[PDB]
Structure formats: C-alpha cells, structure tokens
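Working notes, beginning with the structure itself.
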Amino acid sequence: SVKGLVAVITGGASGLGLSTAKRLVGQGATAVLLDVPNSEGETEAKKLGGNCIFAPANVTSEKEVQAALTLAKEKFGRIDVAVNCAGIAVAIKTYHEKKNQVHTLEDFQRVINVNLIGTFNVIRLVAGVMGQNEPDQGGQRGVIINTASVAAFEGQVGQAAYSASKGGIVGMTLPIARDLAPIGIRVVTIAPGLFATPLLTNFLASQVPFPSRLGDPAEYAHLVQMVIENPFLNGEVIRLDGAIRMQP
Amino acid sequence: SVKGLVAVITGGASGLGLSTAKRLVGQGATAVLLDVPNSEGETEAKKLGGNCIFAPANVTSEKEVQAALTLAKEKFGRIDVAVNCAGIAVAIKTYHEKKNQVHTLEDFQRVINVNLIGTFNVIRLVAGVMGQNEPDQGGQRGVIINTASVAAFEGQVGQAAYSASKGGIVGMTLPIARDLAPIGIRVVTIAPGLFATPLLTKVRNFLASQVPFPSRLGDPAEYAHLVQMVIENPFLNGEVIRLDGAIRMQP
Amino acid sequence: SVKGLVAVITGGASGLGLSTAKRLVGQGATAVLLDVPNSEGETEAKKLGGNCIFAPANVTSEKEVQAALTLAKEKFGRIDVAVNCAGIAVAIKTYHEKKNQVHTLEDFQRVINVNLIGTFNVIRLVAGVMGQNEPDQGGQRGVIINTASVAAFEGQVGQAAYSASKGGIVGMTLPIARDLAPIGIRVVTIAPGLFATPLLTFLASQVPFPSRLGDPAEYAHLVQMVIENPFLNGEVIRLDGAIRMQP
Amino acid sequence: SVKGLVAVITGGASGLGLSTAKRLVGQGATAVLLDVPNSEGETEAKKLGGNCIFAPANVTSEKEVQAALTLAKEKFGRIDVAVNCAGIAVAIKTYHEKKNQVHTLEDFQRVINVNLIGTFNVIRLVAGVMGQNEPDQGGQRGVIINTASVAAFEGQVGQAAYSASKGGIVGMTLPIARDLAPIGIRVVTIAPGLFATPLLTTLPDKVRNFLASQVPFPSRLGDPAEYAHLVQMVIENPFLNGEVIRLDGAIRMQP
Ligand SMILES: NC(=O)c1ccc[n+]([C@@H]2O[C@H](COP(=O)([O-])OP(=O)(O)OC[C@H]3O[C@@H](n4cnc5c(N)ncnc54)[C@H](O)[C@@H]3O)[C@@H](O)[C@H]2O)c1
Ligand SMILES: NC(=O)c1ccc[n+]([C@@H]2O[C@H](COP(=O)([O-])OP(=O)(O)OC[C@H]3O[C@@H](n4cnc5c(N)ncnc54)[C@H](O)[C@@H]3O)[C@@H](O)[C@H]2O)c1
Ligand SMILES: NC(=O)c1ccc[n+]([C@@H]2O[C@H](COP(=O)([O-])OP(=O)(O)OC[C@H]3O[C@@H](n4cnc5c(N)ncnc54)[C@H](O)[C@@H]3O)[C@@H](O)[C@H]2O)c1
Ligand SMILES: NC(=O)c1ccc[n+]([C@@H]2O[C@H](COP(=O)([O-])OP(=O)(O)OC[C@H]3O[C@@H](n4cnc5c(N)ncnc54)[C@H](O)[C@@H]3O)[C@@H](O)[C@H]2O)c1
Ligand SMILES: C[C@]12CC[C@@H]3c4ccc(O)cc4CC[C@H]3C1CC[C@H]2O
C-alpha cells in the first residue's frame, strides 16, 4: 500500500500528474502538486483536502524546485516518492522543404529544458531529501518515477525535439538508478502512448490496437501506484499504450 | 481487484507460478495449477484451498493442454487469465573449447519446445476459450501473461538455448497482442531477472551481489504482485517488463 | 577486402543468400551454397563459376549440414564465414475469430524448426570448423552472420510463428558471441525490413526512404561490411529504409 | 565509393572524427573538419592535404555552424555527408553519499548542450544545404551520421548527463529520418562502446587500465579506424536509415 507515503508530483495540476495525485490521496498518501503559478494547482489541491498541497514552481529553476521540496519536507516531514509528469510538446519538422523553414534552435532548447533538464533538476534535488530517510525493512529510502513517451522509440514527423527530450529520460534511467542504489532509491520510467489529457489540446484513438481508445489518466495513476508498491522494479522503462506503435 | 476471476497458471506447482497462485487465491480469484504429474501440484492445490485445483498437463502436449483448459472451464465456468510460468533451463556453451564439445541439437530443441512452443501451445488454445467470454464494459475478454527473462536481452555464456527460447517469447508478444486485439485479449510479457526459486536456490549469492538494488535475489511474491498489476491495468498490452532490481547481465 | 575468404551461405540458391554469394564471389571470395536439393543451387553455383559450389543440405538436419561443411572444408581448405539466410515464412493468426480457427501447433513448430533451430544447427557445427583456423593478426578465427527480421520487433498480425523464430535469433546473438569470444569468432545478426525476393515478389510505399522494397544487393553489401569490420560483435542491425511495421 | 563526396565532420580535429576524415579523404572524398579554435584542427587539415580544410566552430552556436557550412558550400559547391562526432563527457554522480554532493544543474546542462543540442544544431542547418543538391539515381540528397554511445543503453555510475545526452540522440534519430525522408536524406546513428581516443581520460584511472578485459572480442579498446570504416559503410549503403548500430566488441556495460 501507499498509505502515509509523501509524494511530490510535478505537473500535478493537470492530466497524468493530477490523476496520479487523486489516486494516491484516495489511497491514503499525501501529495504535493509541484506546478507553475499560472496553473490551477492551488484549487485542485484544495479539492483534494488537507493531505494535498500546492507548491508553485518551475522545474527548470533550481531555486523554485528547492523551495517546493523544502515546503514539502516542512509540512509533511519527509519525501518518499517523486513523480515527474511536468512536460510540454511541439510539432515542428527538422526542415520543412516547401516553406524552406528550418526548426529553430530555441524551440528545440525549450522542450529539452522543460522535459529533460527539468526532470533531472527534480531528481537531483529530491534524491538528497529522500536520502535523509531511515531505510525501511528492505533498505529502501525512496522511489522516483519519470514520464517519458513512446516517442522515445517511435518519434513521429515533427517530434524531433520531444523525442530527443524523452529519449534523454530513457537513457538516464539506468545510470541514475545505479547512482542511487547504495542509498535505496529506485528509479523507473513510464512511457505513455496516447492519453486523454489537455496535452492533446481528432482521430488518434483508432490507431490503438486494444483497448481501441486514448488512455484514461487513471490507468497511468494505477501503474504509478504499482511501481511504488513493487520493491524489485528498478532501472526499467514500461510502455503503457494499448499495444500501439507509432507511424510517421 | 481480481476477485472472482479464473486464472490458469502453467508451472503452477513451484517458484513463480506457485507464488502467483497463492497471491491471486488470497485476493479472491480461482486458480488452476497446470504442471506435470510428477510435481507437487496436487499438494499445493490442496494447501491452497478449494478455490485452487491441479490440472496435470505437459505444455508441449496439445491434448493435455486442451484437457486442462476444459477441466477449468467445466469446474469454474470460464477462464479470464492465463499466466505462462512453465519452463526449463540449461547451461551449455555453443562450443566448449576445453572439452572440445559442441552443444547438442537435441538439448537446444528441448529447451525451445518447453519454453517457446509450450507457451504458444497454451496461448493459442486459451485464446479460443477466452473468446467465448462476454466482453466487459471496456471490451475485454481475457489477459494472457507470459514469462520471458532478462536472458532474452543479455544472455550469458552457456545460455544460447534458454536465450533463444525467451527472445522467441519476447518477439511473439506484439504480433499475438495485435492478432487478439479484435476480441479484447491483452498479451503482456514479464522478463524476470534472478529470483529465489528451485531454479536458483556462492554460485547463487555472487549472482545476487550483482543486483544494484535491492541487492538480493528477487522474491517470487514480487513477481506475483507484478502479475496482479498486469491483470488489473486495462491499457497495458503488447509490452515486455523487466523485473530485476536494475541488473544487467555480464558474460 | 574479402578476397580469399571461404564462406558457407545457407539459403544461397535464392534471394538474399544468392545475392550475397554473387557479391562475395565478385570480390574474390569462395562461396558454398547450402540449400535444399530441390532448389536451383546447382545452376546458380554453375553460373558463378568454379569458386562457387552447391552443397545440398536441409539446415534442420545435423547429418546433412555436417556433410556440407565437410565438403566445404575439404574443397577449399577451411571456413572463414557463415551466413544464415535459409528461412521460411507463414501468415496465420493465433486465433481467427470469423472461422473459429486456432493456429495449428505444427505450422508454428515448422517455422521455428527451419528458422531458429536450423540457424543454431549451422552455428554450432561451423564454430568448431572455424576453431581449427590459425587466428589472424587480431585474434580472429571466423565471423557468423545470421538473418532475423524487423518482425522480431514489430511482428504484424499473422506473424506470431515467424516473429517467435526471428526473436529467437536476436535473443541468442549475444550469448553465442559471448560463448565464442575465447576462440575469436564474431557473431552479428541483420534484421532486414522488406526485400524484393521470392519470399515477397503497398508494402513498398510505407518505407520512409528510399520508398521501396530493399534490393538484395544492399543486404549483400551490409554482409560484406560486417565481415570486414573487426569490432562489430554481439549486435543486431536493422536494414529497412526506416520502416516501422503496423499491424 | 565515397570519391568526390563532400563531408563535414564535427569533432574532426581528434579521435573518431579525425580518423573518419583520414579514411574518407584517403578514399577520394573532401572533408571539412568543424572543431573549436583551440584544437589541432588546422594542423590536421594541412597534414591531410588540399581536399581537407578546417572550419573553426562551436556546435552550440547557430552563427558559427552556419558560417562553417557556408564555407564548405562555397569552397566545394555542395555538402553530401555530415558526421557528428563533437562531444564531451563527464563522470559525476547524481547525488554523492560519501561527499554529500549533488550533481550541479549547469554541469548537466553543459553536456546536453554540447552533445545533444549541438548535434541537432548541425543536423537542422545542414539538412537545408543538402536539400539544395539534385537527387541521385536513387532519390538521395545526403546522409547524416550521428555518434551516440552504448551509455544510451547501459549508462554506468557517474554517467547521468552523458547518458541523457546520448539517449536523446538515439531518441531523435527516427523522427529526423522520417522528417527528412521527402528530401532523400538518410539519418543513422552509431553507438560506440569504448575506443582508444583522447576522450578516455574521463574514467577514474583505476578504471581505464581495466576496460579491455570487459570487451568480449576483440578484447581491447576499439581502434578509431574501425569507427571510420563503419561510417563509410553507412555512407555507401542506400537502405540503412533510422537505425542505431552498436560498435563495441559485444561489450555490455556494468555499473
Ligand atoms: N497525454 C499524452 O498523450 C502523453 C503521452 C505521452 C507522454 N506524456 C507526458 O505525460 C506528462 C504529463 O502530460 P499531460 O498529458 O498530463 O499534459 P498536461 O498538459 O495536462 O499536464 C502537464 C503539466 O505540466 C506542467 N508543466 C509544464 N511545464 C512545467 C514547468 N516548467 N514546471 C512545472 N510544471 C510544468 C503544466 O503546467 C501541467 O499542469 C508530460 O511529460 C507529457 O510529455 C503525455
Ligand atoms: N528463477 C529465476 O531466476 C527466473 C529468472 C527468469 C525467468 N524465470 C522463468 O520463470 C518461469 C518460472 O520458473 P521458476 O523459477 O518458478 O522455476 P521452477 O522450476 O520452480 O518452476 C517451473 C515449473 O514449471 C514446470 N514445468 C517445466 N516444464 C514443464 C512442462 N513441459 N509442462 C508443464 N510444466 C512444466 C516445472 O514442473 C516447475 O513446477 C520459467 O519460465 C523460468 O524460465 C525464472
Ligand atoms: N525478403 C524479405 O522481405 C525478408 C525480410 C526479412 C527477413 N528475410 C529473411 O531473409 C532470409 C532470406 O530469405 P529470402 O527473402 O531471400 O527468401 P528466398 O525464399 O528467396 O530464399 C530463402 C532460401 O532458403 C532456402 N531454405 C528454406 N528452408 C531451408 C531448409 N530447411 N534448409 C536449407 N535451405 C532452406 C530456400 O530453399 C531458399 O532458397 C530468410 O531468413 C528470411 O526469413 C527476408
Ligand atoms: N572514445 C570512446 O570510447 C567513445 C565511446 C562512445 C562514444 N564516443 C563519442 O565519440 C565522439 C568522439 O569522441 P572521441 O572519443 O573522438 O573524443 P575526442 O575528445 O578525441 O574528440 C572529440 C572532438 O570534439 C570536439 N568538440 C568538443 N566540444 C565541441 C564543441 N562544442 N564544438 C565543436 N567541437 C567540439 C573536441 O574539441 C574534440 O576535438 C563523441 O561524441 C564521444 O562522446 C566516444
Ligand atoms: C505530443 C503528443 C504526440 C504528438 C501528437 C500529435 C501530433 C500531430 C497532430 O496533428 C496531432 C497530434 C495529437 C496528439 C499529440 C500528443 C499527445 C501525446 C503526446 O505525447
């Protein structure tokens, strides 16, 4: 079970991070929603009660994310779980002939900065916080769960920046679990296929073999709970995608 | 929840299949252990209670497999889940220079027949049974879970036959989930690393000294919780999951 | 250069294996085409001249492959390379709901026996032949090249038996290269996408670029590069124009 | 044959990039070495002769890469091949328990910026230059080859930034090949295991000397010329695309 664990969930005001937060608070854990100030984190935290607060922060900022973890530890006393769901996406070709338009450097930089350098910023700063915990009966001090994408394996036309960023998450999964193994922190990544969140904001659903529909955010939340409960899952990437494989 | 579902677990008399049956029965499901007659199957299904029975069958036998699935459908009315855990292992080099010995073809064939063809034999026969189920609210008629190994990806010296059989399992997982998509049967494969079973249990704790964290052999109850997650989560399909403590196997 | 080398190519009377044999003989190597007695192996070997012979053998047969390897080692003096291209395909659903048809166990067993058990049978018995060679200046005594398929990774509807056999090839590539490391035999597998051969001849249209079936001479070119590069080992290479298969 | 093709090779003053230049120019091609100003660039470009020039440039700069490409296009008339070998490595734990030291954010940012954003900078700006060429008999306009690493799959302890940069190169290889398919530009990535280049001084020392033993066969560090031979194979084979090839002796990295 996850009752009594404290989880910091980035991207927690919407979509997969918010559904994760609803499932873990409903199972008895406490959840901090780390999300930008312009989001609706504060209200969603209120709707989930006193065991779920909002920590406004941008994950590309060291000082903000350090302030958000300080808040979580001060309120709830420790951090057991982190879930990285903050992320953005763009759909721009590397070079579009017709328009003779190269993809800009700054649009690639921005997607790398939020998705991959923002996930590594959270990881590096929560790892020292979970390192303070007394190890449980099996030597574990924490679990860190990241969100990649099937775009890390079958990135479509227009997804070079998003793919680069999520393949970076996938490539650092095993070296960060091997770095944190001596202090008992597992590191696992989930790679969702196509899910019903805002991030889509009209024919995507038909491509999915079975179930033949977009994923429900609550199914990502149930895998997150399984990942936190299973003590031997480590250093691995799970696809959650209805058996889809993306075409160009 | 798995309360009420009927699962047939091949390899259910020992190790990972037996720990899966104990967890699923302790959570309210029914379980049929499918394992060879010599095994401890009968005893185990007795110690597990009236919601678990033993169906003697060798998975390389179409007739025996089909008889066990029919027993299950007779006793319990339907089959909702199948978990393939029957398997064998050998440690024989392709060519051993000290000995001057070449791996026999029959010792490769044997591993391939139990591990690979025997999992396909159970899959193909249980798909037609699950296809008799009424689809649930979300279109689902059944879930098939196979057990490969990390050896499908990092086979060590000595594991050509075992690696070939487990890579065959991994390679057929997506085309079988695509074949079954129209009738709502999910197909997922779990690839354990090293586990404390009557396959493993100085030769063994050297192996457990290589696991990053937790630093020890897997406990079969951890494989059984992964199998419960895979039954419960409706969107996991056509994928292979490593369950191994972050180990990568050296030669 | 592959000049001088002796290769045994299973499935060499047709498609990929024959194009590979044309290229390697054209570059000065010797080739032994290992194929079933009913194929056109004798004529194909005759057309390539006296540096190319036919050794009729089914790769599932331990007696037949040992006699064809022995013919190669006697005729040419040694075996430096083995290319596994012998292979068959089927298109059968696991369970077909409209006809209420279960895939038969025999059709799955026959594809695994030719493609997977046959490729291991050639590897296991050519290894000890190559083990007789004096190592070259970098320790090498031989190179073994197997043929899998993109179906090991994106198997389509109807390909459960073929994907199982090609996923078995990929799976065993690294342990046999580990096994053979002490005697200097490299082991590499190619996973082609779709190639214009008698196994095949809108599939073409799905390949990003170039948008067409592959040409068997491009597979032959990638085989020569794997024979020439001393550091490629224990790896599977996709040769597929960037195709990813849909159901 | 590579004869008469024009190749721009980033990181071309040393290691893999230089040995790749040496091989292509030995085989009849022209090569531009794109490397920083403080490297041996200019002297290598001289030793390699009249069909090899140095364009000093940092791959992280739009302006410098655009200028180096323009010089190649002005001086040889076209660009047929691009080879990304510019790269840096670091060995830093995400969080060090003994020393109680966290990996800095700017050290991870610097390796992602050189290795991954610097490789996409060159791709996107060379793509349009290759797109000026007329298509060959088979529809091809150019080939782009990138260098990742087996760290993209088995990153060791200390390699979080390096692995994240290299796994990002692997992750983008297919979407870029798909993006560039209409114009006939293949995109392939090579993931080298451990090679005898000057980069090697990144490992402990009590690590480095031992490396060879881990390599199954041949049981040694890779020779840079072996990397160069695989690059020529990728240039020549018209059907390789969208794929990553390990070149590593069958090694699998332990922690
Ligand atoms: N929905 C899908 O189909 C899908 C598929 C695959 C992967 N993903 C990944 O799932 C994760 C969650 O996305 P989602 O679908 O829930 O979308 P979402 O847009 O609903 O939620 C993303 C949340 O991340 C927050 N966020 C963005 N930038 C941030 C920053 N710099 N700092 C802090 N918060 C920031 C947003 O404000 C938002 O509340 C993302 O990493 C996305 O890439 C989503
Ligand atoms: N234990 C590990 O470290 C480990 C690691 C990876 C994968 N695995 C895989 O896990 C699965 C379960 O193995 P385990 O460790 O529990 O071993 P186990 O020996 O304890 O259990 C295997 C069961 O399979 C049954 N079996 C063997 N051949 C059979 C046949 N033809 N027909 C029916 N039953 C047959 C055996 O009688 C035994 O009861 C196997 O597929 C094995 O390859 C195990
Ligand atoms: N052509 C494609 O699109 C494609 C794609 C991926 C993989 N492949 C694989 O490439 C390989 C080459 O096939 P191809 O396309 O050249 O087909 P092909 O039919 O033209 O040739 C295969 C050769 O194998 C021989 N062979 C079959 N069974 C044999 C047996 N038991 N013993 C000895 N020889 C036997 C056949 O007689 C034939 O001459 C096979 O392994 C195939 O599975 C082909
Ligand atoms: N040597 C190995 O074992 C090894 C293994 C795997 C991958 N790699 C990768 O191989 C590629 C080549 O490395 P190498 O071993 O030749 O190392 P190297 O240090 O000898 O050469 C790399 C070159 O890249 C140049 N470079 C660095 N940053 C640059 C920048 N911002 N702009 C332009 N040039 C820049 C350096 O000046 C150097 O000349 C790198 O991407 C490296 O990560 C090397
Ligand atoms: C950015 C995503 C992949 C690219 C997708 C796309 C890309 C192009 C397009 O026209 C529509 C869509 C809809 C859903 C998008 C996405 C939601 C899931 C995600 O990862």
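Numbers restart at 1 for each chain; the letters A, B, ... are given by sequence-line order, proteins then strands. When a ligand or atom number is given, it counts from 1 through the structure's own listing order. Atoms considered below: every heavy atom in the structure, side chains included; atoms not considered: hydrogens, waters and symmetry mates.
Checking ligand 5 against lacosamide, flurbiprofen, probenecid, cladribine, estradiol, the answer is estradiol. The largest share of close contacts with estradiol (ligand 5) comes from the chain named in the PDB entry as short chain 3-hydroxyacyl-COA dehydrogenase. At a heavy-atom cut-off of 4.0 Å, the other chains in contact with estradiol (ligand 5) are listed as A.
Residues touching estradiol (ligand 5) within 4.0 Å, heavy atoms only: A:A89, A:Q159, A:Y162, A:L200. Short contacts between estradiol (ligand 5) and A:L200, defined as distances under 4.0 Å to a heavy atom of the residue, involve ligand atoms 14 (C), 17 (C).
Using a 4.0 Å cut-off to heavy atoms of A:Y162, the atoms of estradiol (ligand 5) that qualify are 19 (C), 20 (O).
The closest UniProt active-site residue in chain A to estradiol (ligand 5), going by heavy-atom distance rounded to 1 Å, is A:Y162, 3 Å.
In chain A, no residue that UniProt lists as binding substrate has a heavy atom under 4.0 Å from estradiol (ligand 5).
Close approach to A:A89 involves these atoms of estradiol (ligand 5), each under 4.0 Å from a residue heavy atom: 1 (C). At the heavy-atom level, UniProt-annotated NAD(+) binders of chain A within 4.0 Å of estradiol (ligand 5) are as follows: A:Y162.
It turns out that the other ligands and ions under 4.0 Å from estradiol (ligand 5) are ligand 1 (nicotinamide-adenine-dinucleotide). The distance from estradiol (ligand 5) to the heavy atoms of A:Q159 drops below 4.0 Å at these ligand atoms: 3 (C), 4 (C).
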